[PDB]
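Working notes, structure below.
Note that chain A is numbered according to the PDB entry, with residues 21-266 shown in order. Each ligand, and each atom within it, is numbered from 1 in the order the structure gives.
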Amino acid sequence: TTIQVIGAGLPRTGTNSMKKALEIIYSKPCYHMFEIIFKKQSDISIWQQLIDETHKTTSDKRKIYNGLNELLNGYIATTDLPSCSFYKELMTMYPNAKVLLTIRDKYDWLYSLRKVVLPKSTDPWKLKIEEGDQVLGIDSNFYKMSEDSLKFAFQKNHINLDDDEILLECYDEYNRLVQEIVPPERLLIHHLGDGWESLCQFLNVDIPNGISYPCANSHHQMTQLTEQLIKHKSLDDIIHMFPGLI
Ligand SMILES: Nc1ncnc2c1ncn2[C@@H]1O[C@H](COP(=O)(O)O)[C@@H](OP(=O)(O)O)[C@H]1O
Ligand SMILES: CC(C)NC[C@@H]1CCc2cc(CO)c([N+](=O)[O-])cc2N1
């Protein structure tokens, strides 16, 4: 088992649906932030170490390659933060792996990002997200790793995360650089709604017979999850309300 597909798309661009789609195609696990949050919170400090390594004057690329290889052992693919921020390193480690860039309208993306992943620090909803996350054992260590991974993706040290104009241009910039760095024959750009056919051709497989392309992880559902985590204080007690999410 080795990485076949490197997902370079940013959070809220359909990465969880792509994760599920790749697991359907290959019948092997794909990495995603949900793997960290719901299955392996122990990985948070490992990711934090790697991102930190990138902030050294002279970063040790072999330390990073080895960390990545450790983290992704047994996975056939990667999507979402924090792995997407390392797509260049992943490309080097796995020269035969193809690259996917999931993408969507930037304004739709920002609204989705604000409601689920990166609320403004002035948003009361941020406190609700944090309360719900405590139920899952998710705390400041997680938030620091995820924010750091985003800043690493965007290649910014000091950045005002609360500024929508900065995020919007960072988003466009990120997507543009992926297209300029990855050779076109090694890259598929997948827009929301594109479904199986460009993906499957790209990966040299048939369209899965009678299996629909996944449509997962909407902001409405994530808002509901937060609301129910706060209300019932137990993931196990509410997971029947969220089929196919985790
Ligand atoms: N097959 C599909 N078609 C359209 N939108 C999809 C989709 N799969 C996922 N999405 C959208 O992708 C976003 C989540 O992406 P990610 O998994 O990276 O967090 C959500 O957007 P919204 O929050 O606007 O509803 C979700 O609704
Ligand atoms: C469990 C949920 C109710 N609260 C956790 C939230 C939503 C899921 C999530 C997903 C990502 C990337 O998909 C990131 N991220 O990259 O910062 C952060 C978070 N945080």
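Of the drugs adriforant, oxamniquine, fenobam, the one that appears at ligand 2 is oxamniquine.
Bound to oxamniquine with the most contacts here is the chain that the PDB entry lists as Sulfotransferase. Protein heavy atom at the shortest distance from atom 2 (C) of oxamniquine is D153 OD1, 3.5 Å.
Nearest-heavy-atom check against atom 12 (C) of oxamniquine across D168, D100, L101 picks out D100.
Besides oxamniquine, no ligands or ions with an atom closer than 4.0 Å to that drug are found. When each atom of oxamniquine is checked for a heavy atom of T246 under 4.0 Å away, the hits are 3 (C).
For atom 6 (C) of oxamniquine, the nearest non-hydrogen atom from the set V137, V136, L156 belongs to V136. In the PDB entry, the organism given for chain A is Schistosoma haematobium. Every atom of oxamniquine is numbered from 1 in the order shown, and the set under 4.0 Å from a heavy atom of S166 is 15 (N), 17 (O). Scanning the protein heavy atoms around atom 20 (N) of oxamniquine, the nearest turns out to be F162 CE2, 3.9 Å. Residue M242 has at least one heavy-atom neighbour below 4.0 Å for each of these atoms of oxamniquine: 2 (C), 3 (C). Looking only at heavy atoms of the protein, atom 16 (O) of oxamniquine is closest to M53 CE, 3.2 Å. Nearest non-hydrogen protein atom to atom 9 (C) of oxamniquine is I57 CD1, 3.9 Å. Heavy-atom contacts of oxamniquine within 4.0 Å involve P31, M53, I57, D100, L101, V136, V137, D153, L156, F162, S166, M242, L245, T246.
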